[PDB]
Peer 1: 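Hi! Got a PDB file here: risedronate bound to Farnesyl pyrophosphate synthase.
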Protein chains: 2
Amino acid sequence: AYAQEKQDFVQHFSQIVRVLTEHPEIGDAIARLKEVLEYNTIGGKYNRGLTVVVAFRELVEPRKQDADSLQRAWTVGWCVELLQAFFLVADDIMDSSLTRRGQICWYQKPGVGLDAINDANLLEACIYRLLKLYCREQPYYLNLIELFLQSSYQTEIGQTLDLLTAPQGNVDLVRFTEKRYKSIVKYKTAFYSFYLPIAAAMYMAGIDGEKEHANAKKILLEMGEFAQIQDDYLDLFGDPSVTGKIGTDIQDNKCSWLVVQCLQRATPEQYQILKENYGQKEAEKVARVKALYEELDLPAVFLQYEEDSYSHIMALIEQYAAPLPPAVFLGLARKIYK
Amino acid sequence: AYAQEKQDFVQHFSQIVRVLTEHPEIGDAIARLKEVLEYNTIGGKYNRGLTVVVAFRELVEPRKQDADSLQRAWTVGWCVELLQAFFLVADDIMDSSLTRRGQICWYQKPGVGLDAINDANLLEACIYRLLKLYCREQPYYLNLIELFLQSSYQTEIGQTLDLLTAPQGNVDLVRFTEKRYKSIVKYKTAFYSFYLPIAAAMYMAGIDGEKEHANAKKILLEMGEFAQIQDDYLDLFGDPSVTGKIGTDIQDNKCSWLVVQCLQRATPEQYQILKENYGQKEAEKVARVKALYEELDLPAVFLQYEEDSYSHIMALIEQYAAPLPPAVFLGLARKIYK
Ligand SMILES: O=P(O)(O)C(O)(Cc1cccnc1)P(=O)(O)O
Ligand SMILES: O=P(O)(O)C(O)(Cc1cccnc1)P(=O)(O)O
Ligand SMILES: [Mg+2]
Ligand SMILES: [Mg+2]
Ligand SMILES: [Mg+2]
Ligand SMILES: [Mg+2]
Ligand SMILES: [Mg+2]
Ligand SMILES: [Mg+2]
């Protein structure tokens, strides 16, 4: 389980920071990297990184879980957390967000600003530094490099689809379709958040078969679709004290699950209300959209969807888990379905 | 030679774009990637990419230069041009630049803005897409992946040093030292612009020895230091019709070679003039700094430096080229020393 390993995982971060921040000439730049790592890779729930560690423990025979192999698993879990930190620092600039993980976004900090672009790229570079230091002699080293590089390309293509569908200052209700939505979230979130951590543990355990990885992907990309729908729902209806951040999807004209569901149910009067108020900074326009979503009972539509989704994901675990332990996927379902 | 291969190299770009932009769901995002590739990876001199191709031709026996091997060399040269495009798109946002390669910077284009952050990352992702498609079965594949990843980390650490030394709105004359300068440019420019293209050709030719790569690096990082000093000089004294871009180093408070040389020669009255006018947006303050640099004959100091640098780099070619053909380094010296 995760809940137990959260403190244990977090305890390994100080060694990750020490190995990355140990040529005195670059000293000031290494001090800045330490500040970027400390600010941006801590404060989250660490679900993606913990997934690597728990899945590795469940997939590798305990007699093979020696100290060095376990250290490699913790390090690769932290690599997944560094990839997410890279995407979030940059996403927060592109989405004009204000807070993340209970504090001001890194780019909004006085003295940081758009220098955060380079800081995000340093976080991504740290992944490959750690893989070389800890994993270069292992038979799965190239599989992991390619998996992290593919996950980044996937995510970036999905970010392009997200940003193209959400132009600033242009109405884009015509592209807020279920088909467009499923394509955005599959690429921007599902691959790196669900497939990547389990696939990394699979490769570290010697499970490199195409069929085995395709079957796990069938479960995991559907779980990732639900995780992004829940993120969209919480952007507006979650409590920032719990989520750690303030939502921006309506002001940012995003193809959110909520707006997709709104358009499917709206009358022509409601469609016009959404056209006139969506995608704009004015607080009273944002409030009108939320009031429309409440008039259409979209919170009840989301709860029903969550139930139907959970049943679908469990049916996929029954179809596709074997020969992996079903616990690998059940523990991940427990973290996302609250 | 380069001058001949410029059109031949450019002719391969259409196949690079076709293989990268060939799942209809992501179609709109792939169309945007094609626009980012067309806008940002064309218009330059292609010196870094051509260096890969010319060095490969000079290092590999002609009987081994079959069509497929030559295609791999063109593709890896284009990978170096994609790395430079990634760094330049992001650098232009962080340096608040206006033009590049004779047109408005990508981020300044109406409708692009900070979405250019994700576009820059897509350019970097394309490198690894091409290396996998064209080079995965080759014995040097992992050497090239690691070389591109190291070059990126080097460059990003140097960008951190550049940005830290150049705070907006704070005087930083105390850190504009020759020692700080040499450290910034070695990491931000010399590794990716000079070592990377020659080292990539070396690995493709089977030259993977640590000693051979260290000796080439001794020449190439010094040539890269001169290339950044020339870039700094041209930021203020070059003609934008020739350089393709407008300089921003004085307004951006940069640790430019020019300001370093100014501080070494300044009287106390001149130091105060530079303190009051450097690092600020006002056009009349920028003009005062340029007038001070002219009073101190910094253009003549740069020409003398260029002569002394060229003699030093040629002495290093005599010391360290062997057993590589000296032409590999002489052709690169000819491109940078005008
Ligand atoms: O955490 P956020 O900003 O709600 C988000 O989930 C962050 C994110 C960044 C990159 C890829 N996927 C999700 P978004 O998609 O912007 O709603
Ligand atoms: O082309 P530019 O902007 O003059 C530059 O050379 C671009 C650049 C970007 C990244 C690394 N090195 C040089 P800079 O260093 O900003 O002066
Ligand atoms: Mg966001
Ligand atoms: Mg986003
Ligand atoms: Mg969100
Ligand atoms: Mg610049
Ligand atoms: Mg710069
Ligand atoms: Mg410059």
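Each chain gets a letter, A, B and so on, in the order the sequences are listed, and its residues count up from 1. Ligands are counted one by one from 1 in listed order, and the atoms in each one are counted from 1 as well.
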Peer 1: Give the place of risedronate in the structure, all copies included.
Peer 2: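 All copies together: ligands 1 and 2.
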Peer 1: Which chain letters belong to other chains having any non-hydrogen atom below 4.0 Å from risedronate (ligand 1)?
Peer 2: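 Heavy-atom contacts under 4.0 Å involve A.
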Peer 1: Which residues, given by chain and number, touch risedronate (ligand 1) within 4.0 Å on a heavy-atom basis?
Peer 2: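 At that heavy-atom cut-off, the site is A:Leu88, A:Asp91, A:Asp95, A:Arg100, A:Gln159, A:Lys188, A:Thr189, A:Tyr192, A:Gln228, A:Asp231, A:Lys245.
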Peer 1: List the closest protein heavy-atom neighbour of atom 15 (O) of risedronate (ligand 1): residue, atom name, distance to the nearest 0.1 Å.
Peer 2: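 For this ligand atom, the closest protein heavy atom is A:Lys188 NZ, 2.7 Å.
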Peer 1: What is the overlap between the Mg(2+)-binding residues UniProt gives for chain A and the residues having a heavy atom closer than 4.0 Å to risedronate (ligand 1)?
Peer 2: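 Going by UniProt and heavy atoms, it's A:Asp91, A:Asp95.
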Peer 1: So which heavy atom in the protein is nearest atom 7 (C) of risedronate (ligand 1), and how far is it from that ligand atom?
Peer 2: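 The protein heavy atom lying closest is A:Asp91 OD2, 3.5 Å.
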Peer 1: Mind telling me which other ligands or ions are less than 4.0 Å from risedronate (ligand 1)?
Peer 2: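 Closer than 4.0 Å to risedronate (ligand 1) are ligand 3 (magnesium ion), ligand 4 (magnesium ion), ligand 5 (magnesium ion).
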Peer 1: A:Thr155 versus risedronate (ligand 1): do any nitrogen or oxygen atoms come within less than 3.5 Å of each other?
Peer 2: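 The answer is no, given that A:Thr155 and risedronate (ligand 1) share no N or O pair closer than 3.5 Å.
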Peer 1: Can you tell me which residue and heavy atom of the protein come closest to atom 4 (O) of risedronate (ligand 1), and the distance to 0.1 Å?
Peer 2: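 Result for atom 4 (O) of risedronate (ligand 1): A:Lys245 NZ, 2.7 Å.
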Peer 1: Counting non-hydrogen protein atoms only, what is the nearest one to atom 16 (O) of risedronate (ligand 1)? Give residue, atom name and distance.
Peer 2: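 Atom 16 (O) of risedronate (ligand 1) sits closest to the protein heavy atom A:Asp95 OD2, 2.8 Å.
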Peer 1: Can you find an N or O of A:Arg100 that's nearer than 3.5 Å to an N or O of risedronate (ligand 1)?
Peer 2: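 It does: an N or O of A:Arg100 is found under 3.5 Å from an N or O of risedronate (ligand 1).
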Peer 1: If you have a sec, work out which protein heavy atom is nearest atom 17 (O) of risedronate (ligand 1) and how many Å separate them, to one decimal?
Peer 2: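 The closest heavy atom on the protein side is A:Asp231 OD2, 3.1 Å.
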Peer 1: I need the source organism for chain A from the PDB entry - what is it?
Peer 2: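 The PDB lists Homo sapiens.
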Peer 1: If you take the residues UniProt annotates as binding dimethylallyl diphosphate in chain A, which of them have a heavy atom under 4.0 Å from risedronate (ligand 1)?
Peer 2: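 Of the UniProt dimethylallyl diphosphate binders, heavy-atom contact within 4.0 Å holds for A:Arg100, A:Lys188, A:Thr189, A:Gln228, A:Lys245.
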Peer 1: Could you identify the single nearest non-hydrogen protein atom to atom 13 (C) of risedronate (ligand 1) and state the distance to 0.1 Å?
Peer 2: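 Sorting protein heavy atoms by distance from atom 13 (C) of risedronate (ligand 1) puts A:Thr189 OG1, 3.5 Å first.
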